[PDB]
Protein chains: 2
Amino acid sequence: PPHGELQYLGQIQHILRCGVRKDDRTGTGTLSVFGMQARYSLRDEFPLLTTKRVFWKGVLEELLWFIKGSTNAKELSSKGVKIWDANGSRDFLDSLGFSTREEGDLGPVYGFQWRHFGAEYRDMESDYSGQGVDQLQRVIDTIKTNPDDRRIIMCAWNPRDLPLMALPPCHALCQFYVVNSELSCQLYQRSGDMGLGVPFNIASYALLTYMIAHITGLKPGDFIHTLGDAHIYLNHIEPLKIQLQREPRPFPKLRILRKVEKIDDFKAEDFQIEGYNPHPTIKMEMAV
Amino acid sequence: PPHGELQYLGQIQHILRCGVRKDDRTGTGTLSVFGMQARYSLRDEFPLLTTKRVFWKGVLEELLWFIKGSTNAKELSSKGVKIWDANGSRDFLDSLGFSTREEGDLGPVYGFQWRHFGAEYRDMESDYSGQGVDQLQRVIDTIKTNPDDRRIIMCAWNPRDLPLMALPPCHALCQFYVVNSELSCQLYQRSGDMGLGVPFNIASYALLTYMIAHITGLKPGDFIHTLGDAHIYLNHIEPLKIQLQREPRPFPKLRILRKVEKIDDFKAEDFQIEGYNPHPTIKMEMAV
Ligand SMILES: CN(Cc1cnc2nc(N)nc(N)c2n1)c1ccc(C(=O)N[C@@H](CCC(=O)O)C(=O)O)cc1
Ligand SMILES: CN(Cc1cnc2nc(N)nc(N)c2n1)c1ccc(C(=O)N[C@@H](CCC(=O)O)C(=O)O)cc1
Ligand SMILES: O=c1ccn([C@H]2C[C@H](O)[C@@H](COP(=O)(O)O)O2)c(=O)[nH]1
Ligand SMILES: O=c1ccn([C@H]2C[C@H](O)[C@@H](COP(=O)(O)O)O2)c(=O)[nH]1
């Protein structure tokens, strides 16, 4: 049965063969399937794709930025990771009616929701200590005290806060699961740019699972990737067909370099990707 | 093309063969798999399971109760549907520390979240008109004005309100999708009692999709059922093996008997299940 990267490549094939033409906001157009699911083992391997190089630096710095609760694009940008900068620009903020908002202030996105769900958002520089639900720490506490729990959820989709966000979250929610000393994670991704977003998104949530497993004394299990609108932008078709011709190399491994006690204490240098031997980057133009 | 019900029966088989032993609060125990997905066509058929009779009256009355925004178990009970009554009882409310709460008051569950997400909950008798986000109406409006939208979400998972609820929602969220004049729906169900809950849950969201398609002038497409902890209670194993001997009968059809303009105007007598030929109920004791 296909395993690891062949799940992702199988999804690409399925959308090319069975996807339906579907317009989008950008006017680019897509081939689209609604509802997919892939399973990536995390057991002695880390699912960083090898058929094209994934932006691992971006994955790791973005995740650390989420964990600290930041909603400031400038703070991620300062680390050489520019993926949120367009959505924090003066022009983009004004386009949403946020003329009074400071440049970089993404509103109550991921970081805020994860650490302060339900608090009143003010700006990206405010102190939210003790405010709202700390979903991330509550996930960790539940795994430690009640691993059988079937409500181990972290949700970024906050209908009250959506109008203030720079972008509605794509990763609406995730759920953790423990059995036989293994930690698994399922992501509900409402919308997946299969060429540009999804490889990165797989790595983010696999990383998060490695982090939480390390904190809780468990072994990584599976990452289950569930998609809503799974789509290939029309201008990614030829690049993806090039990618599909490449034979995958074995996944790398991820090493955590020291014992870390609290999720907030992880730093970028604590992580080491080993044996990563990807084929070259394939240029895929982003839609918006 | 295979009967859609064989997806469900395939899931039962997979859990019996590959599910792992996993304890629960009741001490019943389960066999459990994390992460499953099935697709049920809604095109000229309604996926009301035939290998054991589904409580259709319960499906329909519960859904109408959700749509009106109710959080009062007594109001559902009055229609002959007792499925929430134990969770609203004096005893159960007291067991959660809700000694001051009136009997029947489930707290900010589905109905409240769907129609008033983010409003302040008081009690089951309060007027919430105009308060919070009406997710249900916003879903319907978006389908009508911008069908390509990839953010058509209704979320019941509200971390701020969880501690007031009689039970945390199993149906954490759902997402709608439109292509070629067909409306599809995906449910993220965090926890699935495969014997007792899941058949009912499939029917609820298929129904909701039929309702919203009727309101918006679209044809029903697919229902995609995604599970988190998909589990068989140990005392359902033998009953389910009896069920697995049965060949499915062709699915019924669902007829909507008049033109209805607003989701709030649907009544129970507007719906007719046609050609439903289930095998008999098999007794499966619920875990408490
Ligand atoms: C998670 N994320 C957001 C993302 C992904 N796909 C999208 N696709 C579309 N159509 N629209 C989006 N806003 C979008 N956003 C990402 C992730 C990576 C990069 C990125 O493409 N490239 C690095 C790579 C640099 C390197 O490896 O040397 C960069 O140049 O910013 C962009 C956005
Ligand atoms: C969806 N749902 C809630 C549900 C399902 N499985 C669960 N399973 C567990 N372990 N715990 C729960 N709280 C639970 N809740 C249901 C659905 C049907 C019935 C049920 O008992 N139906 C009828 C059948 C009667 C008829 O056909 O007219 C009844 O006798 O009440 C109960 C709960
Ligand atoms: O982490 C992310 C962020 C965005 N996207 C995608 C999906 C869509 O192509 C686009 C978002 O647009 P909307 O779904 O909100 O229309 O970027 C991803 O795949 N991953
Ligand atoms: O609509 C519903 C409501 C509940 N359950 C199940 C799943 C679990 O077996 C139990 C709820 O318990 P927790 O997952 O919250 O532990 O009832 C369903 O399958 N469907």
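Each chain gets a letter, A, B and so on, in the order its sequence line appears, and its residues count up from 1. What you see below is based on every heavy atom in this structure, not just the backbone, and it leaves out hydrogens, waters and symmetry mates. Ligands are counted one by one from 1 in listed order, and the atoms in each one are counted from 1 as well.
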**Student:** Out of interest, what does the PDB call the drug at ligand 2?
**Tutor:**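 PDB records name it methotrexate.
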**Student:** Quick check: main partner chain of methotrexate (ligand 2) by heavy-atom contacts, named as in the PDB entry?
**Tutor:**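 It has the most contacts with Thymidylate synthase.
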**Student:** Which other chains does a heavy-atom search at under 4.0 Å around methotrexate (ligand 2) pick up?
**Tutor:**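 By heavy atom, the other chains are B.
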**Student:** Report all residues and nucleotides of other chains within 4.0 Å of methotrexate (ligand 2) (non-hydrogen atoms).
**Tutor:**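 Heavy atoms within 4.0 Å: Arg53(B), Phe55(B), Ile83(B), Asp193(B), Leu196(B), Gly197(B), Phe200(B), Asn201(B), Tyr233(B), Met286(B), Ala287(B).
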**Student:** Which UniProt active-site residue from chain B sits closest to methotrexate (ligand 2), and what is the minimum distance between non-hydrogen atoms, to the nearest 1 Å?
**Tutor:**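 Nearest UniProt active-site residue in chain B (heavy-atom): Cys170(B), 7 Å.
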**Student:** Considering only heavy atoms of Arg53(B), which atoms of methotrexate (ligand 2) have at least one such atom less than 4.0 Å away?
**Tutor:**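 Answer, ordered by atom number: 26 (C), 27 (O).
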**Student:** Going by the atom numbers of methotrexate (ligand 2), which of them fall below 4.0 Å from some non-hydrogen atom of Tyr233(B)?
**Tutor:**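 Those qualifying, in numeric order: 10 (N).
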**Student:** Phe200(B) heavy atoms, cut-off 4.0 Å: which methotrexate (ligand 2) atoms fall inside?
**Tutor:**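 Those atoms are 1 (C), 17 (C), 18 (C).
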**Student:** I'd like to check which methotrexate (ligand 2) atoms, numbered from 1 as shown, lie under 4.0 Å from a non-hydrogen atom of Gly197(B).
**Tutor:**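 Here the atoms of methotrexate (ligand 2) in question are 5 (C), 6 (N).
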**Student:** Does an N or O from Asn201(B), backbone or side chain, lie closer than 3.5 Å to an N or O of methotrexate (ligand 2)?
**Tutor:**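 Among all N and O atoms of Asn201(B), none is under 3.5 Å from an N or O of methotrexate (ligand 2).
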**Student:** Report the UniProt dUMP binders of chain B that come within 4.0 Å of methotrexate (ligand 2), using heavy atoms.
**Tutor:**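 Short answer: the UniProt residues with a heavy atom that close are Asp193(B), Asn201(B), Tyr233(B).
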